[PDB]
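Everything below concerns the one structure shown next.
Order of the sequence lines fixes the chain letters, A, B, ..., with proteins taken first and strands second; residue numbering starts at 1 for each chain. Note that these values count all heavy atoms, side chains included, but never hydrogens, waters or copies made by symmetry. Both counts, for ligands and for their atoms, begin at 1 and track the order of listing. Method reported for this entry: X-ray crystallography, 2.8 Å.
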Amino acid sequence: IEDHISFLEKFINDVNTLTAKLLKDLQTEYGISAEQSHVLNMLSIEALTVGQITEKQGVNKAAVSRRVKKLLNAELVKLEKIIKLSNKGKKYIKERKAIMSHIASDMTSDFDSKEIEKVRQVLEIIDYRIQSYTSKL
Amino acid sequence: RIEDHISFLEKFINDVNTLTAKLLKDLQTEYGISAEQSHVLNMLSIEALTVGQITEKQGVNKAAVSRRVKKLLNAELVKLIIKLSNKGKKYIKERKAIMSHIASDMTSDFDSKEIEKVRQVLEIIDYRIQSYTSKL
Ligand SMILES: CN[C@@H]1[C@H](O[C@H]2[C@H](O[C@H]3[C@H](O)[C@@H](O)[C@H](NC(=N)N)[C@@H](O)[C@@H]3NC(=N)N)O[C@@H](C)[C@]2(O)C=O)O[C@@H](CO)[C@H](O)[C@H]1O
Ligand SMILES: CN[C@@H]1[C@H](O[C@H]2[C@H](O[C@H]3[C@H](O)[C@@H](O)[C@H](NC(=N)N)[C@@H](O)[C@@H]3NC(=N)N)O[C@@H](C)[C@]2(O)C=O)O[C@@H](CO)[C@H](O)[C@H]1O
């Protein structure tokens, strides 16, 4: 009811907590900060502007600005303008996908692919409505 | 296949995060706090947990979580041990009110059976996650 909304929040928290730890090294190895790995992952799906990243993230623009250019200086992202990605940034995303796909597998080895399929389409539909509602305000 | 589910879930969460941000901006402004100060009140919406664990859960390094702690202690949305005051409780109700009616509106045409199965799958996935985490 609003149980679900709490579960979801708690679930997202848990997923972030696991991602932070699982990625502690690759981030370090790269100079990268957590909040920067995130931006690097946000750009993994679409190009942005400091403004778009700041809307989609809700944190004061300056902060997004501090990291946006720390990332350019490191040749992880690139201007075209907009915020794209370089291999070093892709390869990081590929190294991030490798770890991620590895434990995710470990704990879903016993799942039923069909039970997952219907679950997926329920969510894909909710994802659709989330994006769509966000478009306005 | 699993790389796919991972991308979607990541995207699904990036969108939920996005939405909660647009939906709660005016209110966080109306209460004079940032998004990260809002976050800090929502776990304390459940419980009360002092430092040490306060960064552990987050993943956001050294004393920033304490930086926000006194930041919020000052607006008196937080108390002392560090619990949550009557002040923050009001905020949360308002947060929950906005969140729930939207989620309700986006879910109201689904068969309770479908939603529960979703819940049950995320619930078993959250179970493995926690346990795996605990393997520190
Ligand atoms: C726009 N940048 C603001 C500025 O960050 C600084 C930022 O400085 C960073 C150091 O290089 C880094 O080694 C230093 N150490 C790291 N481990 N990253 C950062 O903590 C430091 N951050 C910062 N000064 N804000 O690099 C400078 C180029 C800067 O962007 C000046 O604008 O000062 C920050 C103070 O909060 C502002 O929030 C930022 O928005
Ligand atoms: C349990 N609290 C979680 C947290 O809630 C907080 C959340 O706070 C988060 C900021 O938005 C985010 O930009 C910021 N994101 C980063 N990538 N750094 C978070 O750091 C911040 N909270 C914090 N780090 N403790 O933003 C506020 C809108 C909030 O939803 C309360 O209303 O973030 C939410 C994101 O959807 C989670 O779902 C919630 O469960």
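- The drug occupying ligand 2 is streptomycin.
- Here, the chain sharing the greatest number of close atom pairs with streptomycin (ligand 2) is referred to in the PDB entry as Transcriptional regulator TcaR.
- By chain letter, the other chains having a heavy atom closer than 4.0 Å to streptomycin (ligand 2) are A, B.
- With a non-hydrogen cut-off of 4.0 Å, the residues around streptomycin (ligand 2) amount to A:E9, A:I12, A:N13, A:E35, A:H38, A:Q57, A:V59, B:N17, B:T20, B:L24, B:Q28, B:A35, B:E36, B:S38, B:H39, B:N42, B:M43, B:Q58, B:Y91, B:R95.
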